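Drug on board: gevokizumab.
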Amino acid sequence: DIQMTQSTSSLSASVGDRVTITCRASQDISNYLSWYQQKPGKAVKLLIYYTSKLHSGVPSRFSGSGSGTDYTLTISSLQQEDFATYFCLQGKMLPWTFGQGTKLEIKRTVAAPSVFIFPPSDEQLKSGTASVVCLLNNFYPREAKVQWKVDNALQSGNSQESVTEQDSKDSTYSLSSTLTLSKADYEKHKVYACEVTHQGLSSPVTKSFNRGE
Amino acid sequence: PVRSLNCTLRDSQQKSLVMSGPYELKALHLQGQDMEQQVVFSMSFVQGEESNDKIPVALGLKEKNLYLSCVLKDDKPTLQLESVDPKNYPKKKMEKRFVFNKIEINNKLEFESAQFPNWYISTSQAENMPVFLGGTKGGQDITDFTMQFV
Amino acid sequence: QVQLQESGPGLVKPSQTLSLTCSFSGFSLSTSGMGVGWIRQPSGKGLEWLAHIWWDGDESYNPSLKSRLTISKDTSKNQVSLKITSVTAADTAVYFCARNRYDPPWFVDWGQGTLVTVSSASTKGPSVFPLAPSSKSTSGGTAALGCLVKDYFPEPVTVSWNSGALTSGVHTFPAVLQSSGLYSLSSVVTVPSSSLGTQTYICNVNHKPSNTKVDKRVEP
């Protein structure tokens, strides 16, 4: 098998930057190389074929170069819509093999999250479980410290986080954190708080509610 | 091991095929003293459509780790000479671009590209011109060859 | 012009045979040079080439699973099938079909893909709870509301708002696998506080594997 390798697994770059993505074949592939772009929730798209040929409909800012074993996909001036994972493929010898992929993130100005807290619904409480949801909306960078405090006691191991893929228009992320307690445990406490530490916030933001309505 | 044979090929007009470059063949008449320059092919019998008038083959250059292939280049079916991995070739199941349909017609041979039907290994009537893939219906270029065993 | 679409059973037990179909239009697979390939992507991993078939029925397989694969075509139905025998959890992935013309292949058109989960776990529909907008959010500003889609298996779950008429400000989060082996996700939307209020907000949840459908009104 011809082994294909992409040395960069992930990176971030700013709009306007000249971006280079490399692919190395374990042996001569005679320029039989193509580049594919994978965006969240969209079918994979062919960008470049036969090392340097642009697929019809692909913007001219995308180009390809190389020979023998070393290949490069270049984005001359990076755009916000270019956030995707890029894969190379060799067609020199069966089995056809792909590179591991390079995930390209868009760097943008720091943007503080809008924070919201949701108590469990009366509907869920009737079932014996309590889920408390904290929402961080449209922020950058992805990195954030989201902590749960119940009656001023820091919670550990009873919450799960989920983050959206980078937004295609504003390059931001959104995050949810869900604290799960039994109905009985939930009714034993009053103050439920979600505390957010983020590069965009001058000091941590806390959103809270008192169970007693 | 895949069934193969060592042979030379000469076109209809008796021009010999020579290695003019690392990835190129040319056709020209060779005088009795220059005959040794002609390329020796290792023709292998690959998978595909079996018929006494049309059989799938791969055309390699004997012990040179080079195979003839047909690829689309700027929308035109193009003949190429490609270097291959010595540890993986010859093999029964060749990549599609290496496959030619060997046709026996009027005591001669024609080699049709398997993926580009109606395109054949061809030579120019003129001397010392590259061997190419030709799609002309019947005119100026030569698509008929004789085979001599080595 | 050209379209490829994958379909399959969604959830299969380990050791079962998995049958996938690639329905295509806008081209003929009997056209000289035409080919269709199958590629998969396990969660968090890259693309893996599996199998291919040419217009002349010449099949190609990845040796890392060749013994377990069978690719076939039906030019009367315009379909390419992929059969994977003795599946394991390692075969859980999104499966794609893609087309090419000529070797070496440039995969010009790809399908959206079909998710296959290989598991002995039972199908279970989610419970859907409203995430009501706060009474002290923002006075004449922005309010957030949503739906919690809890304890379901397998993926995926379909979530829309106001039957697809509300898309702006919507974030349907990726599902998280809980310790119980069931998934959970929330879907949220930010709206003006001024129309909380006057405008109806309904989350449309459809967990197609269990045929569990819930439309939930989200009120202040």
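The chain called A is the first sequence line; B is the second; the pattern continues. Using the PDB entry numbers, chain A covers 1-213, in order. Quick note: numbers on chain B are straight from the PDB entry, i.e. 2-151, in order. What you see of chain C is 1-220, where the numbers are those given in the PDB entry. Quick note: numbers below take in every heavy atom, side chains included, and nothing from hydrogens, waters or symmetry partners. Header says: X-ray crystallography, 1.8 Å.
- Counting all copies, gevokizumab can be found at chains A and C.
- The chain sharing the greatest contact count with gevokizumab is, according to UniProt, Interleukin-1 beta.
- Organism for chain B, as given in the entry: Homo sapiens.
- The chain of gevokizumab with the most heavy-atom pairs under 4.5 Å with chain B is chain C.
- With heavy atoms closer than 4.5 Å counted as contacts, the residues of chain B facing gevokizumab are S70(B), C71(B), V72(B), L73(B), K74(B), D75(B), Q81(B), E83(B), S84(B), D86(B), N89(B), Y90(B), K92(B), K94(B), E96(B), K97(B), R98(B), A115(B), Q116(B), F117(B), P118(B).
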Show me, pair by pair, the donor and acceptor atoms from chain B and chain C (gevokizumab) that are under 3.5 Å apart.
from    : atom 1 : to      : atom 2 : distance (Å)
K94(B)  : NZ     : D58(C)  : OD1    : 2.8
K94(B)  : NZ     : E59(C)  : O      : 2.9
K94(B)  : NZ     : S60(C)  : OG     : 2.9
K97(B)  : NZ     : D56(C)  : OD1    : 3.3
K97(B)  : NZ     : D56(C)  : OD2    : 2.8
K97(B)  : NZ     : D58(C)  : OD2    : 2.8
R98(B)  : N      : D103(C) : OD2    : 3.1
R98(B)  : NH1    : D103(C) : OD2    : 3.0
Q116(B) : OE1    : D103(C) : N      : 2.7
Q116(B) : NE2    : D103(C) : O      : 3.1

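- As listed in the entry, the molecule name for chain A is light chain of gevokizumab antibody binding fragment.
- As recorded in the PDB, the name for chain C is heavy chain of gevokizumab antibody binding fragment.
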